[PDB]
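Structure first, commentary second.
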Amino acid sequence: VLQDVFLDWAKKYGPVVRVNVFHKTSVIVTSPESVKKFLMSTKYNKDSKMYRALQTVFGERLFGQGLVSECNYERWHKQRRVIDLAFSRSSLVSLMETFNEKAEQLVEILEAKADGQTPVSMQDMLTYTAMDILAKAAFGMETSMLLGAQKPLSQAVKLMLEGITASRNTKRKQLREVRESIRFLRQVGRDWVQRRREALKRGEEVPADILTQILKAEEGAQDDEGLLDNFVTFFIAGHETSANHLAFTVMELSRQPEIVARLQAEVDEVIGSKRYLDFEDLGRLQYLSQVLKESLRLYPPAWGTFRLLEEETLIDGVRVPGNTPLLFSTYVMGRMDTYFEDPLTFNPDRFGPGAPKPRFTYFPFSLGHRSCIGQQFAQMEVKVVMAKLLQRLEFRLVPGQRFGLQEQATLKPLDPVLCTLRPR
Ligand code: HEM
Ligand SMILES: Clc1ccccc1C(c1ccccc1)(c1ccccc1)n1ccnc1
């Protein structure tokens, strides 16, 4: 696991280490002061050299210059500020219904299989859930993957992500499948763009959402390619990392009984057996909140980010040449005993009330101007999903399932988190 190699080198060779990552020289930077310096200033910006890979894959245009992959400050600032509107307090509150609907549906589907003997992939289940939530919430569309629909669409996402991996970590069947899948994704967008426009044209009233803001950001452009870049971007960013995080959380909890009991007790105190979770109910799921923060420390789906160091600089008593991609890793810093006591122990008490917040040693949603636009969105959906599962279902990992990670485009469980389930 590449990230675990970086961890070793970080601990042995100190806070500034030259590496080869995605075929390039970069320098991994692991002091909290360096994380603060570079990530908390609009001065430093993403390295296009590292983000080019994501713009186009095997010749086929993918995320282009969408909100994630755009590295020029001014160009990203113009899109971020218009798209920010789709993430206001009251926009996210408007999504609680989607969040509750999909969560409820997931649980019933699992409840129908809850005999203690039917192996279910919590990875796939959680993936379908996040995708269904994203599609409705952001785009006003219903994929219904939870109901077995859109099998080709999920096949297409699967091959695209395998494609990302292959293309940046060092086969002709795959190559066509992958190009095919990326085109499929972009066509799905072209479609859902027509659908929206066609509703507006006949003068229907469409509640403001994410799609609204990315059309709006594209107003005054000769074509729709920037629009689709952004459609594919949110399509993927808005579900894959949430699903990874949900899958890791469930995987870890299966060997954490004391913690689950306490999670069950909390759910029982603040919501009991209530069916629909209001906004104000999430705020009070304090212990669940800690478990989730702790899941992200050990298992961040998005392990880090790159900033371009434009000029030779002294970082932690090491001269670093100009034009150097700086690598930051919350995965690495999360596992260093110098920042976290007993780093390998899953202990949600680290995030308890009273405990000093981690000081630039923990950034699962990144930091500063290029941090995750979807943070609050994600935190809400996973709480809703996790709370529902904690109310109703008990999980048991299938013997011979592993607890390890694989680095694909993001960090995800090695094994698909196969479980048998039981009503609570
Ligand atoms: C547990 C879930 C999630 C995690 C851990 C996560 C993590 C991250 C991180 C680390 C970044 C910075 C990436 C980089 O520097 O290359 C990022 C960016 C981004 N994520 Fe998330 N994210 C998650 C969920 C979401 C959701 C739910 C959405 C959409 C609703 C979303 C949309 C975005 C977008 C558009 C950006 C680019 C932001 C910008 O640079 O202005 N993500 N995410
Ligand atoms: Cl390319 C990808 C696939 C699946 C999930 C996330 C990403 C992505 C990313 C960012 C930096 C380095 C590798 C992958 C991503 C990059 C560009 C466009 C969309 C998603 N991402 C991480 C967090 N949010 C989005």
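Using the numbering of the PDB entry, the residues shown for chain A are 59-228, 236-489, in order. Going by what the header records, the deposited coordinates were determined by X-ray crystallography, 2.4 Å. Note that ligands are numbered from 1 as they come in the structure, with each ligand's atoms numbered from 1 the same way.
Contacts with ligand 2 are greatest for the chain named in the PDB entry as Cholesterol 24-hydroxylase. The drug located at ligand 2 is named clotrimazole. Annotation: atom 1 (Cl) of clotrimazole (ligand 2) to nearest protein heavy atom, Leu112 CD2, 3.2 Å. In the PDB entry, the organism given for chain A is Homo sapiens.
For atom 8 (C) of clotrimazole (ligand 2), no protein non-hydrogen atom is found at a distance below 4.0 Å. If you look at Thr370 next to clotrimazole (ligand 2), there are no close heavy atoms at all, none under 4.0 Å.
According to the deposition, there is no covalent link from clotrimazole (ligand 2) to a chain.
The protein heavy atom nearest to atom 3 (C) of clotrimazole (ligand 2) is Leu219 CD2, 3.6 Å.
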